[PDB]
Amino acid sequence: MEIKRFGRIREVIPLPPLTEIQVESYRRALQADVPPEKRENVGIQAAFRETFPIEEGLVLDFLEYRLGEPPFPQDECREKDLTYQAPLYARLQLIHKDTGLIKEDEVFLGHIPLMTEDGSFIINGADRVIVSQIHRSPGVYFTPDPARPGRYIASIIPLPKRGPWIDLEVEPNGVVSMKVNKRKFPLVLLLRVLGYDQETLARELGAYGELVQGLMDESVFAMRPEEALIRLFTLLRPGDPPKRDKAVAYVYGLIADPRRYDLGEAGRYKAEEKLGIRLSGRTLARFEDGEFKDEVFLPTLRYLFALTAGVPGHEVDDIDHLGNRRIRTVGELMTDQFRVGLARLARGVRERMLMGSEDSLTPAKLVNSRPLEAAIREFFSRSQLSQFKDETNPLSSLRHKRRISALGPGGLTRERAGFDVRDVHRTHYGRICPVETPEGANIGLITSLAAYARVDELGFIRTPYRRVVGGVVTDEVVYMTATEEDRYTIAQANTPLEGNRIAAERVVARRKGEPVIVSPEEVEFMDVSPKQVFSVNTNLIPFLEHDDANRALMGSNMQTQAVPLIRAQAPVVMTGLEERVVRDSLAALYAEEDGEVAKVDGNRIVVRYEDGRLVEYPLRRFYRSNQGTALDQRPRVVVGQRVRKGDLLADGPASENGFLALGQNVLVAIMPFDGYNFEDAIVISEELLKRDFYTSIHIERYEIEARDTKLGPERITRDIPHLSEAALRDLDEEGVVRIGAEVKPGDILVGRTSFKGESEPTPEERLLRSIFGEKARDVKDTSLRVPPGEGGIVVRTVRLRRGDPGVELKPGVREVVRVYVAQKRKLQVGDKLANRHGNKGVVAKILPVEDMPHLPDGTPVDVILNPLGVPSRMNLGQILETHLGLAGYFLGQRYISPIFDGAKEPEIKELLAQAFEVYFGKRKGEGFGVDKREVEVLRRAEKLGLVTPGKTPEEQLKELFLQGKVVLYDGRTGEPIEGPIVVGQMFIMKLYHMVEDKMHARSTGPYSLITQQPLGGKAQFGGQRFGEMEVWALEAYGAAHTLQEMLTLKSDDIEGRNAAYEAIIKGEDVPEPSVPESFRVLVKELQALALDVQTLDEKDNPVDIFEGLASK
Amino acid sequence: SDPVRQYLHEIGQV
Amino acid sequence: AXXXXXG
Amino acid sequence: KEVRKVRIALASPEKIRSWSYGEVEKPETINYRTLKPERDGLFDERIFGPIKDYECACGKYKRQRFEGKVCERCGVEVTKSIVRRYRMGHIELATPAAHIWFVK
Amino acid sequence: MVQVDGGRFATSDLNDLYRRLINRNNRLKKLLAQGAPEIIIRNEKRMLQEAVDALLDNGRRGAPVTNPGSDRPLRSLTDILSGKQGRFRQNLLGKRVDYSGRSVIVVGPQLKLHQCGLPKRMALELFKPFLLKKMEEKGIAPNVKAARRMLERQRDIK
Amino acid sequence: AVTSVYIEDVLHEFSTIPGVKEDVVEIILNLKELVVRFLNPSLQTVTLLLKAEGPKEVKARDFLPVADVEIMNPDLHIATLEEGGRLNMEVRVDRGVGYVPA
Amino acid sequence: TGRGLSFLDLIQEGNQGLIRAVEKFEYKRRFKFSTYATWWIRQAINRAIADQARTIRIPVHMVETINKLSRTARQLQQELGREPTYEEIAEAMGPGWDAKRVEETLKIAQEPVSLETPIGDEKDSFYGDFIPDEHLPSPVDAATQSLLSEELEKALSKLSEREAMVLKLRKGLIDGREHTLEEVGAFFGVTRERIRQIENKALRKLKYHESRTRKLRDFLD
DNA sequence: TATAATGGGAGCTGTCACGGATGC
DNA sequence: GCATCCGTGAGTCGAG
Ligand SMILES: CO[C@H]1/C=C/O[C@@]2(C)Oc3c(C)c(O)c4c(O)c(cc(O)c4c3[C@H]2O)NC(=O)/C(C)=C\C=C\[C@H](C)[C@H](O)[C@@H](C)[C@@H](O)[C@@H](C)[C@H](OC(C)=O)[C@@H]1C
Ligand SMILES: [Mg+2]
Ligand SMILES: [Zn+2]
C-alpha cells in the first residue's frame, strides 16, 4: 500500500547510531584494535599506567597488554552457560635495583568479557546490559549556605571513591574552616603546609572585605611547613604517632597522590574553567623537590571570598544543571572495577616481594590474577548496573541500552531522593527525555537518552543545533554541552523558512531555557528537529502534541512491554521512526552490498554480492528470550531477487517488512457496550482469535540435575516405580520426553529416581506390606513434572553428561537435562492491551461476531473502546489516529505523521472525504439508496447540530464521516445506535502481562522451615500473604473466627491445619485452633535473648505451650 | 572506638 | 514499574 | 488451662542454665563426611534432641516403646524430633559479659 | 543447617555468630589456664564482649560483623525480631495463608451485587478437600485418596 | 474447514522445513484459508494429499484430486519451494459448525 | 588477613604461638628471640586458620590437601590461560589422583551459603524463604496415615480378637515393635507353630477381604 | 622447632525528621 | 536557657 507522508520539516542530519553510547564507550575502553604503541592513555591502559610501576628492592613494571580471541563464539556461550570473553595477557618486567637483573615475561591476567555487536554482554550464559550512570561531575562548586544567607559553601568533589569531598566554609567567628572526613579545621594551617606565607595571602586576598583577617593567625606562621604538617597530622589522626615521613605520606595520600586522589578529566577541565586557572595534574596539590606545592586551594579560597564580597563575574552553581552532571558509561564503570582489581593485585605483588626467595623470582611468581578476575567478575555478575537484558521486543533491548540510571554504587538511594533530583531541568532539552520514566518509586531517577543526544569524551550529554548566520540557516551542525547551550539564542525547529532564510519577522527562541520572541538578526542557532527533544519510545507516539505528558509517559513505557505476535503489523499511522529502530536493534537481517540472492530457506539465506563471493546468513528461529517471548527471523526475499546495499533480507521479531511491529491494526468503535468496557475494560471480537490476531509464541525452560549422593546416585531413567505405561507414554528410552509431544500439568518431562532416605517403616506400612506382599523399592520418583498452569509442546531437549566430550559440570553432578516447551497463546480474557497514547485495559469480553456493532455494509468491528477513558485522561492522539485510520482503512493506505510536524485536521478531512467516496459512491452504484435506520440516525445527528438541516441524506452522511463518525447497527437488535459513532483503525499492542501467567490458587502446599508458614510465590505453589492491613480489615469487620483461621488454622498451626484438613475431607466441621508455631519461635528467640516469656493464667500460674517437651 | 587501634596502643606502651 | 501500571 | 496473660522478665543465669539441656563446648556444626552433628557442637543431638522421631543417634532404640529413654552408648533421648525446635542450649563464659541491650 | 535441592548446604548467620563466641571464649579459657599476661587476656575479653554484642544485636556498637568476602552484615537476634522484615511485623501480625489464590480482575456486568465470577480451576483448587468429600459422597470415587489422585492430572478431569 | 495437518519430517508446529521458505506456523496459517467443497452430502471427512518438490510455488491445485471433492480456491498459495526443497503433506478437512479452536 | 579469620583473632592465636616460643626458647644458641618466635607464631596462626574459618569443620591435613589442589589448579590456569578440567588437575597432582578424586575433593570442600542472602534488589527476599520444610508431614500425608490406621482397624475387626491381636503384635501396631513367634506364643499360651499358623490364617482372611472390598488397595501407592 | 624479622588499614561522601540527651 | 550529637524511623500485594 501507498505510504503517504506529512510535514514540512526537513531534517538536516539523521539519528546517530543508537547503541553508539554502549559500543563506543566500551571500544574506547578496550582499544583492542589499537596496536600497543599507539594506545592513548585511557581505560584499562590507564589502569595499568596507574598501578605500575610497583616497588619495594625489586621493581615490577608495565610494558603493554594484549587481548586475545574468545575461546567460544556468542551462541555457543549462550548455550553452554559460559561468558563471552577474551583472554587478557600482560607484558611485565621484574627489575632488581642492586643486581641489575632484568626478567621479562607475559603473564596471564584472566579474562575480560566482550561486548557483542548490538552493544550487550553475555555473562554466565545470560544476556546482560550495562546501564550508564548519571552523577555529579567532579570539579569545584559554590553553593548557597542554607543556614547563613549572606555566606556560601565551597565544595571540591573528585571522582567516586577516588578520595574525599572537601568543604570550605566561612565560620561565624570569622575563621575559614575546611571539612575533610567529617573533620573541621582552620584552612590557615593547610595553607601553611603548602608553603604559603602571610605576605602572599595578604597580597592575594587583601583586596576583599577583611574576610582575609579570619585567615590571619600568628601562631600558624610561627611554625615552618614541617611543624604545621605534624600539627595537622595530630589534628586528623588522634592516637596515631606523629612521625614526619608518616605525616608526609598521609597528607600526600590525601591530597597530591594521583594513585589515590583523582579528579576526572572532566573535573580537571571544569575546575580550570570555573576558577579561571590551569591545572598541571588532576590533584589539588603536588609533592615537588621534597616539599608541597599548591595548585588548587588558593584559587578556590580566592573565588570563595570573591563570591562572598559580591564581586562581579562570580556566581553560585546549579548542581542539577546538565553541565554539572555527567554520565559514567560502560567503559568507565568497567575500567573503575579493573583499577580496583589491579590495586589488589599490586598489594599482593608487594606482599609477595617482601618474603620468598630474593634471587629467583619472575613476574609470573609475583603476580596472582585472582583479585582482578574476582573484581571484574564481581562487576559483571553482581553489580546493580549490570542488568538482565530486557528482551521482550527489540525496542526493549534498544531502550535498555539507552537507559540513564541515577542509582547504583556511588549513586543515589531512593527514600533518600528528593524532588529536586527527580525534576526535569531546563537543560534536559535535547539531552534527556522529559517524558519516559517510571510511575513508581524510581520516577525521575531512571531516565532515557534523547534521540539526537550524545555523550562526549568527558561524559557530558550533548545535543545538536544548526548554525544561523545573519538570518541564514546553514547545514553546519554543532553539538553542545548545556553550559555552551546557555551562551546562545536558539530558534525553534518549526519556524518558517524559505530556502535557507528565516521567513518570519518574529521568531520563537530560547535563552538559557527561557522562551523569548526575537528577530532573525538575533538568532545564533536553530533546533535540528522536534525529534531531538524526546526519547526513542516517545518518538514512536504519533499525534503526541495532542496527548497530556502523563499519558504520553504511560504509552511510551508500555511499548517496551509489547509482545511479539506471529501476525504482527506496523502501525497505520507511524512517526517515520519505525524503520530505524528495527535497523539499529539488529533484529532484522540486511544486505551488505549490492547483489543477487542465491538461496532462500526458512533456516537460511544465501547471497552472492558484486564481489562474486557467497555469503550465507543463518536465521535465528524460535529462540527463547529472557522474558520468554519467542525471537525469530523470517526471510522477506526470494530466489534470484536483485538487492542493493541495505535492502531487507530477513524480518526480525516484532517487525513487518523492516517496520517496527508492536501489535495489530484493528478496526475500533468507540462506544460504551453493556457495561463490559466499564472502567477501562475492553471488548474484543472473536474474529480476532479466528484469524489469529494478537497470538504470540512463548517458550519456557525446565531444568533438572541428577547428582551423586551419599545414599547412592540419582539417575535419569524411564524406569519409574509405581507408574503405568499411560504415564510413561511420551517418554523415550532414556527417560526424556520426546520432541513434539503435547505436555499438560502433571505430565513427566524428565524421569528421575533418587535413592530413598533411610526409612523406618511405620507399623501400618509394615502390616500393609505383609498384606499385599510387595517389596518396598529402594528408589523413589523425583521426576521433573510440568508445573500447575503450565504446559505446551516440547520443542527441544538438551542433555549434558559427565564423562562426555567437552562436558564438565559443577562437582557432584552426574548429568543435566533441559527441556524447552513452546506454547502458542491466543488472546484471552484477562490479557492486557494498550495503545501508544496511554490507553490501557484488559479484555473483559469476547463476543461472537454477530453480537458485534457493525457498519451498514455488514462489516463488524474488532474492538469496542469506552469513550469515558478519553476525557479524564486527556489523550486526544488516539482520536486523531483513529480518524486518519478510518481514512486509511477505506483508501487502503498508511501514513507517516511525525511528532509536532504532522497531518493536521484539514488534510485528514480531505482523506476522509475520499474515503467517503469509496465507502458510499460504490453503494449508490450498487443500487442501494439510504436505509431507514440511517434516516433515523440522521434525524438524531441533525438534532445534535452535527449535520446541517435540509441537506440530502448523502450530504449529511458525508458530513458525519468527515467528523470521523459513521452509522452503526447493534448486532443483537439490528436497530441502529441512536447516535453516529466514531469508528476507525487503531494500533493496539498486547502487553506482556498475561492472565495465563498470573492466575494461581492453593489449598495446601509447602511450608517454610523456621516460621512453618506457607511459602510465597506462584512458582513455589505458595499462599497469598495476609498482611497487617488485611488483618486490620478483618478486625474492622469484626470477624473474629475468620481472622483466627488466617492466623492459626490456615497457616503455621501444625496440629490445627492437619486436623482441619482431615476434618474437612471427613465431612466434619473444623476443630478449635491452637497456638501458632511462629509464636513458639518468638518465645524461644526471646529466651535466646536472655528474656523469659511466660504464658500464665489469671492465677498468674505458668501455662506450658511447649507441652513439656522444652522442660527437663 | 576501634579495637585494633586500642590494642596497638597498649602494645605501643611496652 | 509502579503507580497505576505505564511500567 | 486457658492463657489469660503474658509475662516478660530478665532471666537469671541460673534460670538460663535451667533451660539448657547441655553446654556447647565446640564451634563445630556437622561432620564434613557423615553429615551428622558433632559432639558438644551447635547441632549436637545429645543436647537439643533426636533428628529422627523415636530413634537415637546410633540406632540402638528405634521405637516409641522407649520414650524418655536416654541411650547409654550414643547419649541421645528418644522422642518426637520436634523437640529440636524447643530445646535451648547454653555457653558458659570465662568472664561475665554485659548484655548489649541494657548497655547501649 | 539444611541441604537444598542441589546437594548443597544453607545455614543461618546465628551459627557463625555462635561460632565466633565459642571460639573466642575457649581461647580465653586456654589463655587463662596458661597464665598469659595482661594486655593479652584484656584483648581476649574485649573481643569476647564484642562477640556477645555481635550475637545479640549486630552493628549496634561499632562496625557490624560481616561474613568473609561480603559487605553484608550478619543477621542477629535483634534484627530477627525488630523491623518490617522482623518476626513481629512479618510473621506475627501477618501471615501467608492456605486456601487462597489470586488473579486478574475483569468486570462482570451480569453479576448481582453479592456475586463474583470465579474461574473453575481456581475454585477447584481452593475448595479441593470439600470436592474430594463430595466426590466420595457420590459414586465418582471409592475414597478420598482415589479422588485426589484422580484430580492430580488435568487429563483425568471429567 | 481443515482440522488437521501432517508433514513428513515435521514433529510439531514450531519447526522449519529445509528448502521451504515458510515456517510450519505460516503453512498452517495458509492452510486455514483453504476452501474445500463436498459434493457428497454423506461425506463427513476428507484427507487431501500433497506431494511436491524442486523449485516451484506450491498452490492449492497441487492437491491430489478426490472423488466428490472440489477446491473452490485453487490459486491459494501454500508454500514456496526451493531447489531440492521437498514438501509432503496430508491434510484433514471435516464438516463442522461454527468456530472450534485446535 | 582475608584468609577467613579476623585481624584480632589472628593476633590472639599468634600470641598463643608467642607463648609457646617463650616456653620452648633456649638462649644458649645465641639466637635473637625473633627468629625462634616467628616459627611458632606462624605455626599457631596457620593452625587457627585451618581449624576455624570453615563453618563445617574440616581436618587440617585435608585443608592442606585442598589448598594444594587450589595452588595446583591456579598454576595450571596460569599456564593454560583457561580453567583446567578435572583430568588436567589430576595429572598435575601426580599419581593416585584421577578425575574422580579431584571432583570428590572439590565437592567435599564446598562451603555452605547463608539463608539470609538476599535474592533481590530490595530488602524483601531472603533465600531461606524459598526453602520448603521436608521434615514435618503435610496435612494430606497425615490425613492419609490416619485413614490408613482407621481402615486397618476396620479390616482387623473382621477377624477374631485372638488372631487380630496376634497380627497386631507381630507387625507392632500395639507397642510399635514386632514380637517374635516365641513371645506371641508365650503370651497367647500356644506353640510358635500354632501362633504362626493363626497369623497365617488371619493374614489369609485379610487377603480374601481385600480381594473382596478392595478398600486397602489405594493406600499401597 | 633456631640467620633476623617488633604499631592496620580503608574510609566513601546529593534524606530529614527528628526525637530525647549532652554542652557553654 | 539553646546549639549540637547519636540512634531510629521512613506504604501495600506481586516477582525476584
Ligand atoms: C541488577 O539490577 C536490578 C536491581 C538492582 O538494585 C537497584 C538498587 O539498582 C538499580 C539500578 C541501577 C537501576 O537502573 C534500576 C532500574 O533502571 C529500574 C528498577 C530498579 O529497581 C533499578 C535498580 C535497583 O533496584 N527500572 C528499569 O530499569 C525500567 C525503567 C525499565 C526496565 C525494566 C526491566 C523489567 C528490567 O530491565 C529487568 C529485565 C531487570 O534487568 C531489572 C529488574 C534488574 O534485575 C536484574 C535481574 O537484572 C534490576 C534493575
Ligand atoms: Mg595422576
Ligand atoms: Zn543410641
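Residue numbers begin at 1 in each chain, while the letters A, B, ... track the order of the sequences. Method on record in the header is X-ray crystallography, 3.1 Å. For ligands, and for the atoms within them, numbers begin at 1 and follow the listed sequence. Quick note: numbers below take in every heavy atom, side chains included, and nothing from hydrogens, waters or symmetry partners. What you see here is only part of the deposit, and the contact count is restricted to that part.
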Chemist: Can you remind me what the drug at ligand 1 is called?
Modeler: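 At ligand 1, it's rifamycin SV.
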Chemist: In this PDB structure, which macromolecule forms the chief contact with rifamycin SV, named as in UniProt?
Modeler: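 Main partner, per contacts: DNA-directed RNA polymerase subunit beta.
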Chemist: Help me out: which other chains have any heavy atom nearer than 4.0 Å to rifamycin SV?
Modeler: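 Heavy-atom contacts under 4.0 Å involve A, G.
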Chemist: Enumerate the neighbouring ligands and ions of rifamycin SV below 4.0 Å.
Modeler: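 I find none.
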Chemist: Which taxon does the entry assign to chain A?
Modeler: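 For chain A, the PDB records Thermus thermophilus.
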Chemist: Using the PDB entry, name chain G.
Modeler: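 According to the deposit, DNA directed RNA polymerase sigma factor A.
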Chemist: With a non-hydrogen cut-off of 4.0 Å, what is the binding site of rifamycin SV?
Modeler: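 Non-hydrogen contacts come from A/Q384, A/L385, A/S386, A/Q387, A/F388, A/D390, A/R399, A/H400, A/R403, A/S405, A/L407, A/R414, A/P438, A/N442, A/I446, A/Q627, G/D121.
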